[PDB]
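What follows is a deposited structure in which one can find ruxolitinib.
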Amino acid sequence: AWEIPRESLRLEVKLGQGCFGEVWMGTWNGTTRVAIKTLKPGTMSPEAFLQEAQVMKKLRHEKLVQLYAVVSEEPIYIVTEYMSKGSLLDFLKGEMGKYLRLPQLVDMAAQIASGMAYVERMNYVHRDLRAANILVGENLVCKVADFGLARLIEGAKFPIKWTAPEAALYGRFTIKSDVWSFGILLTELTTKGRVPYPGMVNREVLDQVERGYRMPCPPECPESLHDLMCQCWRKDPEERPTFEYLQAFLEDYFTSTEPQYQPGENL
Ligand SMILES: N#CC[C@H](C1CCCC1)n1cc(-c2ncnc3[nH]ccc23)cn1
């Protein structure tokens, strides 16, 4: 019943293209502006492509990108709501980046924690939480997207710089490894989109994180916010905070934690 006829869709503008398929902005039933994830016909199994839609069928939250429809016969289409400002990573790196200060950045973080706390409640794992997988809409609304690797808890290698070591090394993906990634996401926000562990290659990152290395407090980031990051990067997955706590901490941040915050030059 999520099924629609393919002639119901008009693809128009390209927005991006991954190496397992493409993403277009389109029109649904001639009335609704949508986004249409397409498949590169041969890159990966059609059933592997559709599992992303399988997952999105079960999830529904204001801070997760919403599934609209599916075409499950080749060529395959996953149809979702359209996000007008593109990826958070591009937004932070773009011309808006320099004007964002801590209050807009923390509010973006709160929204992401809200969507993820919902994922937490439903017993899903995302497994690719990072700023390139968050989408920005009107009024600085942020929604988590790309549930390509997401699954209910019962590829070959993951971006180690965002992945909790137990998950990178032994495949132990839990909501607490998503919490690890959220901490790394917090450093992307507070540095306006810089790659984590500047100057370190993947192996060096792995070796040092095992030996206890953690990224320092970014310039102008408050120590209370870097404390939060460090709790997210606790070696013991179960010492890591929940998203429910993270959501509430970030929504209340400027009253309960940093009530005397003054804007600086970049944050
Ligand atoms: N690679 C490429 C995939 C791309 C990544 C960006 C966030 C999720 C993955 N992606 C963007 C979308 C999308 N969905 C809805 N509105 C949008 N606007 C711009 C991109 C976009 C879906 N996937």
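For the single chain, residues carry numbers from 1 onward in sequence order. Structure method, as recorded: X-ray crystallography, 2.3 Å. Just so you know, ligand 1 is whichever comes first in the structure, and atom 1 is the first atom listed for that ligand.
Structurally, the greatest contact with ruxolitinib is made by what UniProt calls Proto-oncogene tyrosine-protein kinase Src. Among protein heavy atoms, atom 16 (N) of ruxolitinib sits closest to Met83 N, 3.0 Å.
At the heavy-atom level, UniProt-annotated ATP binders of chain A within 4.0 Å of ruxolitinib are as follows: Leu15, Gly18, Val23.
Checking UniProt active-site residues of chain A against ruxolitinib, the nearest one by heavy atoms (to 1 Å) is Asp128, 7 Å.
Of the protein's non-hydrogen atoms, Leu135 CD1, 3.4 Å is the one closest to atom 14 (N) of ruxolitinib. Within ruxolitinib, the atoms closer than 4.0 Å to a non-hydrogen atom of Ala145 are 8 (C), numbered from 1 in the order shown. The contact region for ruxolitinib on chain A lies mostly in UniProt domain Protein kinase. Distance from atom 2 (C) of ruxolitinib to its nearest protein heavy atom, with residue and atom name: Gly18 N, 4.0 Å.
For the residues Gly137, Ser87, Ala132, the heavy atom positioned nearest atom 7 (C) of ruxolitinib is part of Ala132. Residue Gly16 places no heavy atom under 4.0 Å from ruxolitinib. Which of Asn133, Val23, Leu89 comes nearest to atom 3 (C) of ruxolitinib through a heavy atom is settled by distance: it is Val23. Residue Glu81 places a heavy atom less than 4.0 Å from ruxolitinib. Close contacts of ruxolitinib with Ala35, meaning ligand atoms under 4.0 Å from a residue heavy atom, involve 14 (N), 15 (C), 16 (N).
Not a single heavy atom of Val65 sits less than 4.0 Å from an atom of ruxolitinib. Protein heavy atom at the shortest distance from atom 8 (C) of ruxolitinib is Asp146 CB, 3.5 Å. Residues in other chains coming within 4.0 Å of ruxolitinib by heavy atoms are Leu15, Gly18, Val23, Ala35, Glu81, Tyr82, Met83, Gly86, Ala132, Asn133, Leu135, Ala145, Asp146.
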